[PDB]
Asker: 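Please take a look at this structure featuring bortezomib (bound form).
Chain identifiers are assigned alphabetically (A, B, ...) following the order of the sequence lines, protein sequences preceding nucleic acid strands; residue numbering begins at 1 within each chain. Ligands are counted one by one from 1 in listed order, and the atoms in each one are counted from 1 as well. Excerpt of entry shown; contacts counted in excerpt. Side-chain atoms are counted along with the backbone in the values below, which use heavy atoms only and exclude waters and symmetry mates. Determination method: X-ray crystallography, 2.8 Å.
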Amino acid sequence: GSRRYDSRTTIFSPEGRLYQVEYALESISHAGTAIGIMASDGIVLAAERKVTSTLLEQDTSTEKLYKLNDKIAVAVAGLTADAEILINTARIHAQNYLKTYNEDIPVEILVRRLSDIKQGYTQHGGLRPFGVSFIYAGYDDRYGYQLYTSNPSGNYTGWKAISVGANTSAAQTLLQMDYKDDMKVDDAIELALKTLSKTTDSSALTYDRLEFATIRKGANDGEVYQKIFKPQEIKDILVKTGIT
Amino acid sequence: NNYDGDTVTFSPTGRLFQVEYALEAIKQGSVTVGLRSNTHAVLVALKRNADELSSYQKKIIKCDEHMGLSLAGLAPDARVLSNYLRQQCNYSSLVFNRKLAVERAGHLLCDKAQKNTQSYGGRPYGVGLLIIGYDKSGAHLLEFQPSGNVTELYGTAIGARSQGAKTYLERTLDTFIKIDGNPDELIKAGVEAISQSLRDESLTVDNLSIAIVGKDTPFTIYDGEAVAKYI
Amino acid sequence: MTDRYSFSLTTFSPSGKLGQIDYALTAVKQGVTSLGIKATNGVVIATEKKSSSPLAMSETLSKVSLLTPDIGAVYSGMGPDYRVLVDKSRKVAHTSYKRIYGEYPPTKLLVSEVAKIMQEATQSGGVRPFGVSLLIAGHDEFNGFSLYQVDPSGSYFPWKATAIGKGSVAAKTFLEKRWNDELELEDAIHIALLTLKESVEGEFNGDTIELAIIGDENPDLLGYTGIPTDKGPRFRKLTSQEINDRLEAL
Amino acid sequence: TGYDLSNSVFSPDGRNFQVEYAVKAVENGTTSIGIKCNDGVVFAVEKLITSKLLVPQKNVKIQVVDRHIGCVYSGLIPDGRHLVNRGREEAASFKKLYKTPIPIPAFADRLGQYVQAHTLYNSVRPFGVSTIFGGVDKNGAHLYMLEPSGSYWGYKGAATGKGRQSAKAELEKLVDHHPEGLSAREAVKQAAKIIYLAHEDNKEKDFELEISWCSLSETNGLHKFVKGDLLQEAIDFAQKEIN
Amino acid sequence: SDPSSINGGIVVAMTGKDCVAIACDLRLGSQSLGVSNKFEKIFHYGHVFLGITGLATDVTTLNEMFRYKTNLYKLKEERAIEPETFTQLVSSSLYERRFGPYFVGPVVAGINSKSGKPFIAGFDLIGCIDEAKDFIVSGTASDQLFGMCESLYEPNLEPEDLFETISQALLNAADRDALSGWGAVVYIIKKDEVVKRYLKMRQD
Amino acid sequence: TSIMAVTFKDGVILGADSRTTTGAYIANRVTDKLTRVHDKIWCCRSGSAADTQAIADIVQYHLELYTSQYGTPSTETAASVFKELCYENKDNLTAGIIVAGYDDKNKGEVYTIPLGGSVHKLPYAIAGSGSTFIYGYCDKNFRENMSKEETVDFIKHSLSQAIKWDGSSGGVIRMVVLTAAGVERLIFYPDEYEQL
Amino acid sequence: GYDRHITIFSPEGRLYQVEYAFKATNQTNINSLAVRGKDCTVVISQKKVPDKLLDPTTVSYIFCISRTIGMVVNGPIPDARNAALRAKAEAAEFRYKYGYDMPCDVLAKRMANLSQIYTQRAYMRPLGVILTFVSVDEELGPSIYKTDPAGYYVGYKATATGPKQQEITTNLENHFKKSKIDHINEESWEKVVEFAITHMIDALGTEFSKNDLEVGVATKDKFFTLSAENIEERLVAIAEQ
Amino acid sequence: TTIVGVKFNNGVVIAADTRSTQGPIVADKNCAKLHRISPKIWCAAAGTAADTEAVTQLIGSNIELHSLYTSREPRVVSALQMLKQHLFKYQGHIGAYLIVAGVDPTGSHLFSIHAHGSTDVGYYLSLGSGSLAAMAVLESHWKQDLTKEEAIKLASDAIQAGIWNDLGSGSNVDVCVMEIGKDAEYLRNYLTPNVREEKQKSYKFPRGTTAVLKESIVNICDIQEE
Ligand SMILES: *[B]([O])([O])[C]([C][C]([C])[C])[N]C(=O)[C]([C]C1=[C][C]=[C][C]=[C]1)[N]C(=O)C1=[C]N=[C][C]=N1
Ligand SMILES: *[B]([O])([O])[C]([C][C]([C])[C])[N]C(=O)[C]([C]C1=[C][C]=[C][C]=[C]1)[N]C(=O)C1=[C]N=[C][C]=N1
Ligand SMILES: [Cl-]
Ligand SMILES: [Mg+2]
Ligand SMILES: [Mg+2]
Ligand SMILES: [Mg+2]
Ligand SMILES: [Mg+2]
């Protein structure tokens with residue numbers, strides 16, 4: 001029968017690891033680096049695009065940074081198509097919570113839900129896991145500014161600063177060196193870009209290679225604004241910090 | 001070899017190895033004998049024990065007032081199949097007010113066993129059955145194999161060393177068929193037949209199991225001191 | 001008589017590769033060259049009609065397909081996979097959009113739906129990925145003109161211009177030199193014909209080339225008059241004669 | 001290699017080896033035949049007497065479908081019964097909807113499509129029987145033979161099982177020597193002879209002859225078993241021809 | 001018993017010169033018993049305004065439903081939904097409950113941000129669209145509102161005149177209905193400013 | 001409605017009035033109640049217009065698929081498919097159908113299927129509201145093995161009376177002749193049949 | 001090497017089960033040919049009855065799908081009949097739902113879409129057949145559309161299928177290179193059948209008796225197969241000129 | 001409602017009034033009852049308004065997909081078949097009464113369809129509350145071999161009969177002409193015989209007439225930067 005052709009995606013190795021999760025993580029390690037840095041007055045999301053071509057229409061392009069609601073955004077590392085399936089599920093979960101309680105979804109609850117979906121693919125159903133790692137940047141009135149990451153295992157953890165994708169070992173050492181707790185958004189912007197600039201496999205870091213975003217409680221009259229940076233705005237912040 | 005992993009695979013010579021392995025479970029099972037005349041039909045079964053502290057595994061199951069079987073192989077599979085026979089006998093009674101024909105009972109078992117040999121996931125039944133009965137066309141004896149093959153016979157035997165009892169019946173054919181209106185002499189011939197399949201062990205009081213059905217005789221099982229008469 | 005393939009046939013290998021997606025991309029590489037170029041006032045998509053026999057009527061086989069009145073698609077790779085994707089793309093434009101909002105979907109969202117269907121073939125039980133890469137050109141009121149590529153993985157990228165299939169590496173280099181942000185539609189059609197001539201071996205004419213545009217509204221092609229807001233389809237497939245005219249000024 | 005381990009897999013030849021292995025089970029089975037006559041059909045089969053303990057005339061192999069179709073088969077006997085059970089359901093639903101009894105060609109395709117369906121998936125095994133069947137309908141007599149692949153054709157004469165080559169040779173003589181046709185009573189006699197001649201391939205164990213027939217004149221177009229005097233007349237004719 | 005007149009209430013919308021107005025009463029009752037005098041019936045999703053009369057549980061449910069749908073629309077489309085598109089979404093959503101409908105009388109009002117064109121529309125409970133040039137009425141005093149609008153209205157009114165007309169249409173219609181009144185709100189909507197005014201009316 | 005089918009020597013003839021009513025308003029005065037389910041198997045429809053069309057459409061589908069697989073169906077087979085639908089959906093249908101067809105073997109055959117879903121093979125059949133008024137007339141004037149001209153006159157006179165007395169029947173008398181020669185459509189207008 | 005057992009991609013981007021299904025197509029060793037006239041579409045196929053015990057009237061690879069559509073199959077008969085029954089069902093369902101007769105090209109597309117599904121879904125095998133659909137369509141006129149195990153389909157001016165397809169194909173190609181038209185310029189279908197048989201004789205290099213051939217003809221509003229005597233009349237006319 | 005369809009020499013014409021009502025109230029004075037199913041297949045609707053819109057849009061959507069699938073222009077009989085099977089399934093509960101007309105490669109066609117799923121063929125048809133007034137006109141003035149100009153005239157006269165004599169119908173006459181080998185021409189408000197007279201008085205109020213309690217700006221913009 002069909003048993004012959006079953007890869008068995010949801011089993012333990014003799015060492016107690018989940019084969020497909022480990023191999024999905026290996027896939028993610030080749031994806032473009034994404035960095036999240038949390039400050040006292042905001043969060044920065046920086047990410048490197050993978051496909052440098054002069055003919056790629058950058059201003060209408062979105063492979064790394066996605067919006068989940070007005071308060072929460074994600075940076076993607078891995079298969080973009082897999083990530084979009086999960087993103088649309090997360091967008092719906094946020095609106096289901098808003099419809100039910102008439103309050104915006106707390107960041108951790110959204111993260112847990114997505115992480116639980118990923119977990120399900122590792123324990124049952126016989127399907128391959130999602131080859132995606134997320135950095136969640138968000139705000140709510142309980143914990144304020146929060147950074148989380150989730151990976152194909154469905155495990156999630158909270159961070160002050162974190163990287164996913166390529167060269168995370170190198171990136172996490174550099175963040176651990178220069179990060180401080182009293183840091184601000186403008187300083188975190190500079191740290192995020194400097195870290196990518198050193199870890200990048202490219203010859204130089206340019207505006208056409210980056211997606212950039214900030215979540216600030218520096219909107220008019222104590223609200224929270226999500227800014228997805230336009231190409232020209234990324235070019236300006238690269239000159240300002242002194243990388244180009 | 002490579003073609004015995006499941007029941008859905010033919011070998012290159014057109015054989016179904018899982019069915020043949022299920023057939024092997026019957027040969028490991030304890031011997032049971034069936035035989036009949038024109039008036040009565042008899043089952044004789046050698047029951048097997050685990051050790052001296054244990055009971056002897058029951059070999060004979062009643063299906064209706066006019067029909068029942070003896071088993072050899074996996075007992076749980078005999079329970080499944082006998083329960084199916086009980087229901088089919090019962091359906092015939094409730095819906096048609098009709099005692100189920102023994103030939104038709106065989107046809108139903110055949111078709112039930114067959115479905116397990118052609119579909120993936122399932123396994124063949126690991127048991128052989130000797131069905132006796134008395135219906136509107138007199139006494140009957142059937143042999144069921146889990147390949148699906150069902151055979152109407154004057155006499156037969158299945159299980160370990162069953163070839164000895166089967167040869168005896170093949171010689172005795174002309175004698176025991178004529179034992180009409182005499183249940184005790186027909187049982188004697190069955191007990192003498194099953195004795196040809198014995199080695200080392202002999203027929204004791206809690207070892208032997210006999211059943212009979214006939215013209216004015218419901219299907220009744222004899223165990224214990226009820227079979228001491230025939231030892 | 002059971003579908004017992006409830007498990008993924010595309011899985012991660014030790015190196016992190018999804019083998020079936022890579023192999024689907026290899027099938028796309030073998031497929032005939034197709035391209036797309038975006039102008040200021042339009043988009044052009046084009047491909048070679050590789051005829052399997054001269055007895056076959058290549059007009060009946062449409063490699064360039066209308067999805068909505070303002071969106072068109074072309075492919076490289078396995079034609080049958082493309083044909084069923086076009087059927088599903090047309091249907092999903094209605095079911096998940098037009099029947100809800102009373103208007104056709106914008107290019108990016110129709111692309112997103114096609115992408116979703118192709119992603120599901122990359123993860124669902126008992127299926128292989130689609131062996132095609134699509135180029136989807138379209139127009140909508142708020143986004144303007146656009147051109148998207150969609151791969152077997154489900155991943156999609158917006159392009160100013162690109163090519164896929166057989167001679168895509170060479171064709172992409174040719175387009176990098178010629179493309180600018182001030183191109184008119186006629187200039188893009190001219191560049192499309194030049195780019196496509198390099199990858200074609202045999203005959204090069206209107207009967208062996210399939211080319212369509214997303215351009216101005218065509219009220220003559222609408223089929224009815226009396227509703228001012230309905231101005232006609234922006235998708236138009238160029239005729240065999242219309243291609244040959246531009247090949248003389250080539 | 002590995003192409004023969006799973007049903008519905010094409011080998012590099014373009015063959016389904018599992019179906020070809022099912023044919024081997026059919027070739028292993030007892031001989032069964034079919035003869036088309038003037039106004040009907042005759043079916044016959046070799047039943048091997050494994051033991052004296054087998055009750056004569058009781059283990060009936062030929063099966064009726066509806067009231068007008070006969071079916072006989074060689075190979076795995078339970079697989080044949082499963083197919084006839086399906087045939088009966090197909091014939092019942094046809095008669096339920098359309099009133100008329102199922103035509104023989106219509107019935108032939110119902111079995112054919114069902115057998116062919118068991119070569120489409122790895123989750124099922126092909127049928128281990130070749131089935132000879134037919135009867136009388138509104139358009140006259142029809143004889144068919146259906147293989148494990150789902151392949152079937154119409155026949156003047158048909159044979160399958162271990163004695164098929166011997167039988168096929170004898171059927172070919174009848175076709176050449178009777179172009180105007182063979183009568184129903186003649187076909188019963190000839191069927192007995194052919195099973196007796198085909199028994200040289202299974203000659204170790206003695207056997208039991210079983211014949212059935214549908215004929216417009218002799219049975220009113222209904223399937224009946226050949227019994228008593230007419231059976232013994234056919235056995236005597238067969239016994240005379242071998243000696 | 002009749003779900004459309006348990007709670008009571010009204011909505012009216014009008015077009016003017018480069019503007020629209022939408023207005024509603026504030027009553028929520030259980031038949032004769034007045035319960036709340038703060039139950040607003042006009043909601044907004046970006047620049048598109050939706051008034052809903054009828055059964056109050058469905059008014060609340062549909063507000064929550066269209067907030068949900070317009071939020072997802074905006075995330076995917078990367079722009080706010082327009083009045084013409086929202087009208088179709090309301091119709092679709094109502095008709096999908098054809099044989100178990102929401103007992104409501106919705107009213108869409110707004111200005112298309114691209115064309116600048118004033119737009120209003122009304123619906124029955126199963127989603128039939130009435131896309132009027134002049135005005136739309138809804139609720140337990142719809143007969144009364146039709147009469148007021150049909151006499152008081154004239155086309156191309158300036159925002160501050162249109163305010164007076166719609167307010168007098170609502171107030172006088174509400175005073176001839178037992179289940180409407182108890183306060184009133186009027187939105188005056190222009191291309192990039194929206195003024196909201198609470199009206200002083202008789203509290204019986 | 002007044003409908004009838006009559007077997008004669010060369011085959012069968014189906015006849016019908018042309019009136020559809022919503023209460024006492026005549027919704028359609030030129031209705032065609034004689035409908036083709038196969039080349040030479042036709043039916044007369046009475047009762048609900050929607051129900052009889054739905055049934056007739058399904059029967060035409062079933063017989064087209066029968067023909068693809070098994071060749072030309074018998075008139076009995078067509079009547080059986082009508083029956084199966086009318087009987088099994090008796091609670092939800094208001095359909096009184098007469099099935100008429102021509103084989104070369106069986107010649108002309110008529111089957112009537114009333115409300116219950118029962119089948120009745122007959123030499124001729126009458127049905128519809130207007131048939132009540134012509135039971136007497138049809139019983140007295142019907143003969144077996146009539147000629148084509150005699151059968152046309154028999155139907156014309158019969159439906160003329162059914163029309164005269166029944167308000168639910170009226171308009172033109174349509175007929176369909178089914179013989180070895182083929183399929184002939186006949187029409188008869190009020191000025192012709194009223195003066196009979 | 002389980003990428004060769006089910007319909008998944010090999011490293012080369014190939015579907016080996018689809019390729020092996022194409023090889024099953026020629027297992028019957030029968031050659032078919034289809035051409036178009038002015039008013040008609042003719043399809044001919046070799047008929048081989050090797051066994052004397054066979055009833056030759058039941059041995060056929062041409063099928064009447066609907067009144068208007070005919071189908072010839074190159075491939076084993078069980079798969080041929082599977083395809084035939086489905087096409088018949090599809091054609092009938094189309095008429096019921098949409099109120100007009102299913103066009104030849106649309107049925108071809110439908111059957112090709114079904115064939116595509118078997119190349120993408122693992123549990124279903126491809127059918128080892130090539131389906132040549134013929135009609136005189138009420139919109140497009142004389143029509144030949146052909147489907148294969150890959151799910152590919154296309155319209156044809158004329159076509160050929162089988163072991164010796166290339167020899168028949170080139171013979172037809174060379175004729176249409178001379179005449180410079182997409183069809184056989186001939187009024188009667190009888191002469192179009194004579195053309196089809198003549199050009200098969202020339203291409204294959206074999207003579208035919210009445211029992212060696214099998215002919216199908218599509219005209220406006222019907223498709224029918226010729227009897228052995230109707231073919232004999234065709235063979236006599238060829239020999240006499 | 002009053003809706004009609006009239007066949008002519010080279011095509012078909014349909015017409016309708018523009019009133020929708022609930023009870024004795026006129027809900028809409030300029031209703032659009034001519035629905036486009038495909039470019040050259042249009043239909044006039046009567047009955048429950050939401051149902052007629054929903055049923056035409058659904059079948060129009062599926063007709064468009066069918067047209068793309070088959071590479072053929074849609075046929076009126078296909079729209080007819082799909083409409084009747086859908087309506088029959090819902091046993092009259094979808095209250096759509098339609099006059100379906102069009103041109104396709106087969107020719108010009110005119111059908112009616114009722115809520116329970118029965119269809120009828122004719123040269124002239126009417127439906128809705130004003131169908132008796134319209135059918136009276138059609139039965140008095142219809143002939144064989146009408147020209148385009150004569151058929152438009154007859155159709156609009158039949159709608160006018162409904163407008164004037166039936167309280168369920170009113171306002172304006174909408175027409176759509178579908179001629180063979182031509183684009184279908186939709187003539188919205190073809191006749192306008194019911195313009196309201198000037199009012200005697202202007203009811204524009206002096207500014208400040210209405211008493212206000214509170215004013216406030218409503219934030220319609222998104223959350224701002226900085
Ligand atoms: B006949 O009067 O039975 C006739 C037959 C039908 C096939 C046209 N029936 C009708 O006219 C029926 C009503 C009826 C009358 C007498 C007995 C039973 C039924 N009318 C309709 O079905 C109808 C009427 N208006 C619109 C749609 N359908
Ligand atoms: B006509 O009178 O048939 C017309 C046709 C429709 C397509 C505009 N019908 C209506 O106007 C119906 C009448 C009706 C009233 C009540 C129940 C069922 C039918 N009116 C509406 O559908 C209607 C009324 N008010 C608001 C919305 N829809
Ligand atoms: Cl399809
Ligand atoms: Mg009040
Ligand atoms: Mg009060
Ligand atoms: Mg009358
Ligand atoms: Mg497969």
Asker: Just need the ligand numbers or chain letters for bortezomib (bound form), all copies if there are several.
Answerer: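 Every copy is at ligands 1 and 2.
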Asker: Trying to figure out what bortezomib (bound form, ligand 1) is stuck to here - the chain with the largest number of contacts. What's it called in UniProt?
Answerer: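 Per UniProt, the chief partner is Proteasome subunit beta type-1.
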Asker: Identify the other chains in heavy-atom contact with bortezomib (bound form, ligand 1) at a 4.0 Å cut-off.
Answerer: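 Going by heavy atoms, that would be F, H.
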Asker: Is a covalent adduct between bortezomib (bound form, ligand 1) and a chain modeled, and at which residue and atom?
Answerer: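 Modeled covalent link: F/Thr1 OG1.
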Asker: Based on heavy atoms only, which residue from the UniProt active-site list of chain F lies nearest to bortezomib (bound form, ligand 1), and how far is it, to 1 Å?
Answerer: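 Nearest UniProt active-site residue by heavy atoms: F/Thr1, 1 Å.
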Asker: In the PDB file, under what molecule name do you find chain H?
Answerer: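 It's listed in the entry as Proteasome subunit beta type-2.
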Asker: For bortezomib (bound form, ligand 1), which residues in other chains have any heavy atom nearer than 4.0 Å?
Answerer: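 With heavy atoms under 4.0 Å, it is F/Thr1, F/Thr20, F/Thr21, F/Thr22, F/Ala27, F/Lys33, F/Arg45, F/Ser46, F/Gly47, F/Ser48, F/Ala49, F/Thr52, F/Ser168, H/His114, H/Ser118.
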